[PDB]
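As listed: the chains are lettered in turn, A, B, ..., one for each sequence line. Chain A uses the PDB entry numbers throughout; the residues present, in order, are 7-271. In order, the residues displayed for chain B correspond to 7-271 in the PDB entry numbering, which applies throughout. Going by what the header records, the deposited coordinates were determined by X-ray crystallography, 2.2 Å. Every number for a ligand or one of its atoms is a count from 1 in the order of the listing.
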Number of protein chains: 2
Amino acid sequence: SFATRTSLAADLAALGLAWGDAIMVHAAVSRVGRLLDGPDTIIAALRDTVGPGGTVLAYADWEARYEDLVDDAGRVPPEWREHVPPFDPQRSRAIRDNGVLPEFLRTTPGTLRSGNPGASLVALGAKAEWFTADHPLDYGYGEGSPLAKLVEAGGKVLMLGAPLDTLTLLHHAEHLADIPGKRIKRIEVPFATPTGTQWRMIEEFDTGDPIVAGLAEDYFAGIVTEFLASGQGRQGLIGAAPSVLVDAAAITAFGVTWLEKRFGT
Amino acid sequence: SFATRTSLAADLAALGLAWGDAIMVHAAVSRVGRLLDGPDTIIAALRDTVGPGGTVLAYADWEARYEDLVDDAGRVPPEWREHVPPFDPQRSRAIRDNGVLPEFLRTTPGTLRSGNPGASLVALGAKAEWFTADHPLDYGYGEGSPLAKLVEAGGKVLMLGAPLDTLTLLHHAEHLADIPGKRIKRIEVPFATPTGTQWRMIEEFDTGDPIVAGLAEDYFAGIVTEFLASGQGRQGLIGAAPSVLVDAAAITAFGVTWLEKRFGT
Ligand SMILES: NC[C@@H]1O[C@H](O[C@H]2[C@@H](O)[C@H](O[C@@H]3[C@@H](O)[C@H](N)C[C@H](N)[C@H]3O[C@H]3O[C@H](CO)[C@@H](O)[C@H](O)[C@H]3N)O[C@@H]2CO)[C@H](N)[C@@H](O)[C@@H]1O
Ligand SMILES: NC[C@@H]1O[C@H](O[C@H]2[C@@H](O)[C@H](O[C@@H]3[C@@H](O)[C@H](N)C[C@H](N)[C@H]3O[C@H]3O[C@H](CO)[C@@H](O)[C@H](O)[C@H]3N)O[C@@H]2CO)[C@H](N)[C@@H](O)[C@@H]1O
């Protein structure tokens, strides 16, 4: 009745997760079933499967509800500046819009968190320092980003019962896609430094909506479904959760080509 | 529209929380209102109000769902032993049955957590080491426990919009109450040691139900209401949350006397 650390690791191996993999996980912890240790069983099983040479990653983002108050150029009105909690990669909470597992991973001892607040990833394992180092603050879903390093390292992405449109890596595909009409987001962000709070503008392609017009809000799920329909990736149960496992470089290139075929030239 | 770290600290001062206090908080974060930093705003405001000489505490307990499998003497059947995650005071999650604030406090850098799993408290501040040191593993709600040290240190308890029957300190009153028919709980618990997992039986008065028969499940709230009705404690809003602040020694002695008057001799 209880899914365990041992049984989940067996399900992960049967799905294709391998010793030494860098694995990025999107989880719906409720769908996994009754767990003896809650979400930490999932983290433990992932670490056991990849071993000390692997790395476990998740999309952390940043719990910053102050974006309801910015004006027209993305900056904070001066009566609110001293009240917005600044971003600390070691202390700021991961966003919980898509489950508690990122925050659970972030607070696991040894986990590192990258410096771009909205695009931050958490990494736990062999390559955690490299995955989270020198995150570019502008266009943090593109070159030199942790999502680009996951593709370069030959990483994988696991949708552990999570909706397929929550696959963060496809934002890296939107960034790379050579198409016109790509939407942009600008916002001012507070950073915590050893000398006090310092502000900075952030520019990036808007990941709060489809990269261009004419796309449904959940169009990432259709891209994943077509990817699986083409015979790529792997499906199977992780505990009680229907899960999907895909290669990071493959799904990224598939996402770029999916966009460059319907738009641009 | 946004309750802030500054405005919450002002509400806490108006309620009676003082510089240097050791404060134990039970919070219903939803009732506080819209917060710029989520639960961490509450933790920050409490720390600002008590200053570096104060201490912030919460009831952590332990997320251990394995108690559905124990037999008659409280022990784990041998086919489940290696699957139960052992208790690590630095890694085990705080229970989330009564809100996320204990876990948020537990994962705040510098917070310490005591050694008795089911009765564990988290403490952040000047006296954190003393509050969490040498927690007796048997009858962890009594002598030498963190709840006893809060009374001895002249601490306070803040019900920040939380239901009044979640006041953990009244379990210390149940332990001290010289009354007959007090119910007992025994359970086997796994501990993580530098040499591997070690098991141990735990005995204590059962805090999963009223200490004796004839009491409603929520009878702590009536004790708090009578305490406030007698002109003790303080009421007021913390943000949008109706809150109660009480002296730890006073509410403990009131709880003991409440029990010794209706039962025993
Ligand atoms: N979706 C409509 C847009 O939502 C924007 O706000 C959105 C963003 O703040 C945020 O979008 C995040 C994004 O920040 C983050 N960097 C990437 C992440 N995939 C997005 O996630 C969002 O979109 C996905 C897919 O629909 C959902 O699964 C997720 O729950 C949703 N929050 O979530 C909000 C809800 O979508 C703005 N209100 C405006 O541009 C517009 O209303
Ligand atoms: N309440 C009935 C009892 O619940 C027991 O299980 C209970 C315990 O495991 C646990 O009780 C915890 C206790 O562990 C912990 N050390 C102290 C804490 N105050 C209690 O909390 C419990 O009681 C309070 C008041 O009703 C509730 O506010 C709280 O949500 C509830 N979980 O919560 C469970 C639900 O009450 C057993 N099932 C059995 O003895 C009996 O069914």
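Of all chains here, the one making more contacts with ligand 1 than any other appears in the PDB entry as Aac(3)-IIIb protein. For ligand 1, the recorded drug is paromomycin. Lab note - other chains with heavy atoms under 4.0 Å from paromomycin (ligand 1): A.
Under 4.0 angstrom from paromomycin (ligand 1), the non-hydrogen atoms of A:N104 all belong to its side chain.
In terms of protein heavy-atom proximity, atom 1 (N) of paromomycin (ligand 1) is nearest to A:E223 OE2, 2.2 Å. The closest approach between a heavy atom of A:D215 and any atom of paromomycin (ligand 1) is below 4.0 Å.
A heavy-atom separation below 4.0 Å is found between A:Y147 and paromomycin (ligand 1).
Closest heavy-atom approach to atom 11 (O) of paromomycin (ligand 1) among the candidates A:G214, A:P169, A:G124: A:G214. Taxonomically, the PDB assigns the source of chain A to Pseudomonas aeruginosa. At under 3.5 Å, a nitrogen or oxygen of A:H177, whether backbone or side chain, sits near a nitrogen or oxygen of paromomycin (ligand 1).
Residue-level proximity to paromomycin (ligand 1) for A:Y225 is absent, since no heavy atom of it falls below 4.0 angstrom. Residues of other chains with a heavy atom under 4.0 Å from paromomycin (ligand 1): A:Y65, A:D67, A:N104, A:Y147, A:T172, A:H177, A:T213, A:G214, A:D215, A:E223.
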